[PDB]
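Tiotropium:Muscarinic acetylcholine receptor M3, Lysozyme complex.
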Amino acid sequence: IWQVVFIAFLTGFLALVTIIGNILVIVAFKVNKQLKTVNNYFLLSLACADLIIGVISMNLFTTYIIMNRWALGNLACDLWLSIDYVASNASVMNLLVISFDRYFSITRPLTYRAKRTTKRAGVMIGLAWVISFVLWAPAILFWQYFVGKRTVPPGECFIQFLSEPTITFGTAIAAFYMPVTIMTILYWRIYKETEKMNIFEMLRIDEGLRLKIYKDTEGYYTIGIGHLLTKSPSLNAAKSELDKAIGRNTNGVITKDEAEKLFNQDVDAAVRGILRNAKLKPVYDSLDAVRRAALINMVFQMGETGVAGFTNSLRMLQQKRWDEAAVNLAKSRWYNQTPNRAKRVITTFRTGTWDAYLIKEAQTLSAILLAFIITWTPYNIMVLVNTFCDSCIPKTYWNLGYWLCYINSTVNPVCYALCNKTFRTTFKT
Ligand SMILES: C[N+]1(C)[C@@H]2C[C@@H](OC(=O)C(O)(c3cccs3)c3cccs3)C[C@H]1[C@@H]1O[C@@H]12
């Protein structure tokens, strides 16, 4: 009992670390405009969940464990639980909101990336806490009054309707296993597709955007972002090819959605072209994200056949000789047709940076995700297990899993700072 008490305070240490880390997140974000963004906004929400959970749950938990008994009675037990599950819930749903956000950033450039603000983010988050609360709290508090009696004996506290290992299983899957799988899906997708954002802003600048058919600087009929319709001067040809392309009668006009989807089609085709080609591929392998994106610009413009006839240049681009590549490109007919765009692309080649386009080059999601899964799944697996054998799990293991579920909330700020040097230097001060 003496050694037990001596070790008990460790938990307190962890709770303190949690509350200060989170409190730091909050303050640092509020006091530094740099840190204000949509993504950082969601990260603020998370740090909040972790704070409310670290100043309340971790502690009263430490208490309950220490005493071996529940002192504060029924209602304290109810509020503690409700705050706890509503909170951690809002934490999972917050993670989801994040993943889906970055996803809609990659896949829906015009519809999503373009209109997204910290206001919209705020709304989404608030709505999330709403959902969480409305799922857990009413159940946890009002289950007794509903059923008419209180299953819970005084002295030991837990959620009334969760007695059964099955309903607990199903609710863990729904509330954990499902959302985790989905976060993994969205994740690996984002991790595969991250560059489409940069290459998007790139082609966006170079080409520009128009919803209704307009004449190119060359005069050719062209629609959307960088989508060429036809070089024939007859408007009918263009409009018709376009219609083929959309699968509707466009009447010369298209929606922003249709547009973003067209772009995506185009880029995927560009890339697929670079990888199908014997020339562009190997070179394209040795290129860093910037330059590579440049290559995808040229290919997105002239086509694979087109960009493959640059062999004089390709040679040096693969050999990491830049100034010579650029020099080799300036002398071609490409540069002659539309010098500005090409000049931007080439500069992008030489420098290896987006500064020509003034462009800002997935982050932290790995960390947060990993922490979450690895501090939760022990417990969820322990539940899945308890479903099938009654006595195989002693209360100890439950408590431990719980603690992990906390050290998530502890570790999340840590992952914040460790991932972004911004949060580092902001905390230091
Ligand atoms: C440590 N917790 C506070 C407790 C145990 C863990 O719980 C979870 O991981 C669960 O999947 C479930 C646990 C038990 C039945 S369903 C969730 C609960 C609430 C939203 S998702 C994590 C959090 C959560 O509040 C519970």
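One is the number of the first residue; the rest follow in order along the sequence. Read the numbers this way: they start at 1 and go in the same order the structure lists the ligands and their atoms. Values below: every heavy atom of this structure, side chains too, minus hydrogens, waters and symmetry copies.
- Counting heavy atoms under 4.0 Å, the binding site of tiotropium (ligand 1) comprises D84, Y85, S88, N89, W136, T168, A172, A175, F176, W376, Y379, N380, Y402, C405.
- Among UniProt's transmembrane segments of chain A, counted from the N terminus, heavy-atom distances below 4.0 Å from tiotropium (ligand 1) occur for 3, 4, 5, 6, 7.
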